[PDB]
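This file shows Protease complexed with atazanavir.
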Number of protein chains: 2
Amino acid sequence: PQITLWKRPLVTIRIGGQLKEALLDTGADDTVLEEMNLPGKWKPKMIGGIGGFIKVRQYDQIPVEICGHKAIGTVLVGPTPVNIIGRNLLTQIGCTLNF
Amino acid sequence: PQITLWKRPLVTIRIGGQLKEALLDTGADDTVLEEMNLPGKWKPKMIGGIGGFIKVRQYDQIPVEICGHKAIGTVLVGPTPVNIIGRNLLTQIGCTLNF
Ligand SMILES: COC(=O)N[C@H](C(=O)N[C@@H](Cc1ccccc1)[C@@H](O)CN(Cc1ccc(-c2ccccn2)cc1)NC(=O)[C@@H](NC(=O)OC)C(C)(C)C)C(C)(C)C
C-alpha cells in the first residue's frame, strides 16, 4: 500500500497473539511497544527519545505481522504512549519513503 | 527519490541560508530542529516524545528546502539530538510511505 502522512501512519499489527495499532516510524531505530507481558528471556535496555531516556525490556526474535506482512526481530517493551514500529522491522516488509 | 530504511533517512536541508542534515520522521507530528537562531518572532511551546516533554521555540512560516523540494511551515527549535522533519512538512513535499 501507499500511506499518506496527512494523519499519523497508524496500522494494525499482530504480536504475541494480540491485534494492536502501531505507528510506522521512520525516525525510530527500534520497535517499542506499550507494556505487555511477553514470555521468554529479556534484557534491560535504556532508549532515548525527545524528552530523555526510558527503561525497556528487550525481547529477541518476536514474530510481528504488520498489515498482513510477516516480520521477525527485536521488540522493546516499556512505558511508551504509542506503539512504534521502527526501522528494524520496516526494512523487513520493504518499506520506503518516496517523494 | 526513493529512500530505503536500512540506514537512518537523513537528508540535507537548507534553512535560513544554512545547510543542515535532518531525519525524515513519519512518527513526528511536528518539525523540531536543534538549537539555532531563526529570524522572526517565536513563541514558547511544549512538545512531548518518549522520555517526556521539552520546551521549544515555535517559529511560523519558515521556508525549508528538503532535498530540493520547497516547504513553508512551522518549525520548532529546542534540545534535540537530531534535526527532525515531521509530517507537517513531509506532506508539503508529497512524501509517502510505500510497501
Ligand atoms: C505528538 O507526538 C510526536 O509526534 N512526538 C515526537 C516524537 O518524539 N516522535 C517519536 C515517536 C513518538 C511519538 C509520540 C509519542 C512518543 C513517541 C519518533 O518519531 C521520533 N523520535 C525522535 C528521536 C530520534 C533520535 C534520537 C536519538 C537518540 C540518541 C542518539 C541519536 N538520536 C532521539 C529522538 N525517535 C525516538 O524517540 C526513537 N529514538 C531513536 O531511534 O533514537 C536513536 C525511539 C522511539 C526508538 C525512542 C516529536 C517531538 C518528534 C514531534
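Within every chain, numbering begins at 1; the chains are lettered A, B, ... in the order of the sequence lines, protein sequences first and strands thereafter. Both counts, for ligands and for their atoms, begin at 1 and track the order of listing. Heavy-atom basis, side chains included; hydrogens, waters and symmetry copies ignored.
Other chains with a heavy-atom distance under 4.0 Å to atazanavir (ligand 1) are given as A, B. In this structure, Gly86(A) falls outside the shell of residues with a heavy atom less than 4.0 angstrom from atazanavir (ligand 1). At a 4.0 Å cut-off, not a single heavy atom of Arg87(B) sits close enough to atazanavir (ligand 1) to count as contact. The N/O atoms of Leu23(A), backbone and side chain alike, include none that comes under 3.5 Å of an N/O atom in atazanavir (ligand 1). In terms of N/O distances under 3.5 Å, atazanavir (ligand 1) is not approached by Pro81(A). At the top of the distance list for atom 4 (O) of atazanavir (ligand 1), counting protein heavy atoms only, stands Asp29(B) N, 3.0 Å. Nearest to atom 6 (C) of atazanavir (ligand 1) by heavy-atom distance, out of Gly48(B), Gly52(B), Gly78(B), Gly78(A), is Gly48(B).
Which parts of atazanavir (ligand 1) touch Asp25(B) is read off a 4.0 Å heavy-atom cut-off, strictly below it: atoms 18 (C), 19 (O), 20 (C). Residues touching atazanavir (ligand 1) within 4.0 Å, heavy atoms only: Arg8(A), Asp25(A), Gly27(A), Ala28(A), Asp29(A), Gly48(A), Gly49(A), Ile50(A), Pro81(A), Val82(A), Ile84(A), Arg8(B), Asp25(B), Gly27(B), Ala28(B), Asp29(B), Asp30(B), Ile47(B), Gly48(B), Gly49(B), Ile50(B), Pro81(B), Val82(B), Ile84(B).
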